[PDB]
Amino acid sequence: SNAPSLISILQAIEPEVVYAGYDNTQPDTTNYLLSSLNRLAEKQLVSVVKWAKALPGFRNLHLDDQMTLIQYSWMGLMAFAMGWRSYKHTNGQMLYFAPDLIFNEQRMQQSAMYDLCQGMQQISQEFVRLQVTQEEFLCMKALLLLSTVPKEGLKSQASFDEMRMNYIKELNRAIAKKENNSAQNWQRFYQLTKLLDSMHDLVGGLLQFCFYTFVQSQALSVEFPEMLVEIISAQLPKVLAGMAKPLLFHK
Ligand SMILES: CC#C[C@]1(O)CC[C@H]2[C@@H]3CCC4=CC(=O)CCC4=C3[C@@H](c3ccc(N(C)C)cc3)C[C@@]21C
Ligand SMILES: CC#C[C@]1(O)CC[C@H]2[C@@H]3CCC4=CC(=O)CCC4=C3[C@@H](c3ccc(N(C)C)cc3)C[C@@]21C
Ligand SMILES: CC(=O)[C@H]1CC[C@H]2[C@@H]3CCC4=CC(=O)CC[C@]4(C)[C@H]3CC[C@]12C
């Protein structure tokens, strides 16, 4: 309580932005865009793992819970942070994958996943509409890691549930700082948690494309780096068996 707030810790451990290493002089083509996003995903994946290990409460989970949460959440976390970066850097008009890999209309079209790009942009436009604050975002991003679990339950169910309640309490703390009335805070919590819930449907779409391009990678000439291959190969069978379920705030 005089302890450093959870928010101050989340601010301290928030990763720095990852560069794609993209050559912007190349023409916009499907396999160079998709292979480059996968190379970016590989670098963001090490960032995410490092961030997750520092997240207060996370290391108290069983190691199999930790790995499972990561497998189930990586796409959503990266998609959610992209919504944030697109909001802060382009007011939701473009997809800010990295400072050196920004998608405009032409690149979204050449990516072969135009509709999904639009999905991702709609998330960014909801950040813009709510004017999400940095403190809200960081709490929401933690909660997103804790929002897809095994149907069978986790090995550390009590520790997980306590951790989830602590991050929800911190999101409400971040909201109440603006010093609005209580009813306004309720509304804000509702809007932010709707935004979180809306990630699940987007992610399902993103997963469908990713899994397809993964299975067809040779024929499409779309490169998947080693760690991405590992996490997709692990996740794909569990999703197929329907082992994961979303934890929704709203029915
Ligand atoms: C209708 C139909 C059809 C299909 O021809 C079979 C699977 C489709 C694929 C599935 C999974 C899929 C998911 C999407 O969300 C957008 C499109 C999509 C497709 C299609 C597609 C077309 C081109 C690529 N490239 C070049 C990487 C990738 C996917 C159309 C696909 C191939
Ligand atoms: C082979 C294999 C495998 C996997 O089970 C799927 C994805 C792996 C992930 C890749 C992406 C990845 C990137 C890293 O930087 C270190 C580890 C790592 C992993 C794995 C992993 C192991 C332990 C944790 N903890 C305890 C937080 C987190 C991640 C091993 C993963 C999950
Ligand atoms: C090549 C491919 O299948 C695409 C479809 C969805 C794409 C991901 C969409 C979410 C995303 C956000 C980032 O900021 C890193 C790149 C990623 C992680 C994208 C990597 C390439 C993906 C996985």
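Residue indices begin at 1 and follow the sequence shown. Counting starts at 1 for both ligands and their atoms, following the listed order. Determined by X-ray crystallography, 2.0 Å, according to the entry header.
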Peer 1: What's the name of that drug at ligand 1, by the way?
Peer 2: mifepristone
Peer 1: What drug shows up at ligand 3?
Peer 2: progesterone
Peer 1: Can you help me out? I need the name, per the PDB entry, of the chain with the largest number of contacts to mifepristone (ligand 1).
Peer 2: Ancestral Steroid Receptor 2
Peer 1: State the binding site of mifepristone (ligand 1) (non-hydrogen atoms, cut-off 4.0 Å).
Peer 2: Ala112, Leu116, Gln208, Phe209, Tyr212, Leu220
Peer 1: Looking only at protein heavy atoms, which one is nearest to atom 25 (N) of mifepristone (ligand 1), and what is the separation?
Peer 2: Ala112 CB, 4.0 Å
Peer 1: Among all protein heavy atoms, pick out the one at the shortest distance from atom 21 (C) of mifepristone (ligand 1); state its residue, atom name and that distance to 0.1 Å.
Peer 2: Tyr212 CE2, 4.7 Å
Peer 1: How far is atom 15 (O) of mifepristone (ligand 1) from its nearest protein heavy atom, and which residue and atom is that?
Peer 2: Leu116 CD1, 3.6 Å
Peer 1: Quick check on atom 32 (C) of mifepristone (ligand 1) - does any protein heavy atom sit closer than 4.0 Å to it?
Peer 2: yes
Peer 1: Just need the protein heavy atom nearest to atom 18 (C) of mifepristone (ligand 1), so name the residue and atom and give the distance.
Peer 2: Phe209 CD1, 4.3 Å
Peer 1: Note down any other ligand or ion with an atom under 4.0 Å from mifepristone (ligand 1).
Peer 2: none
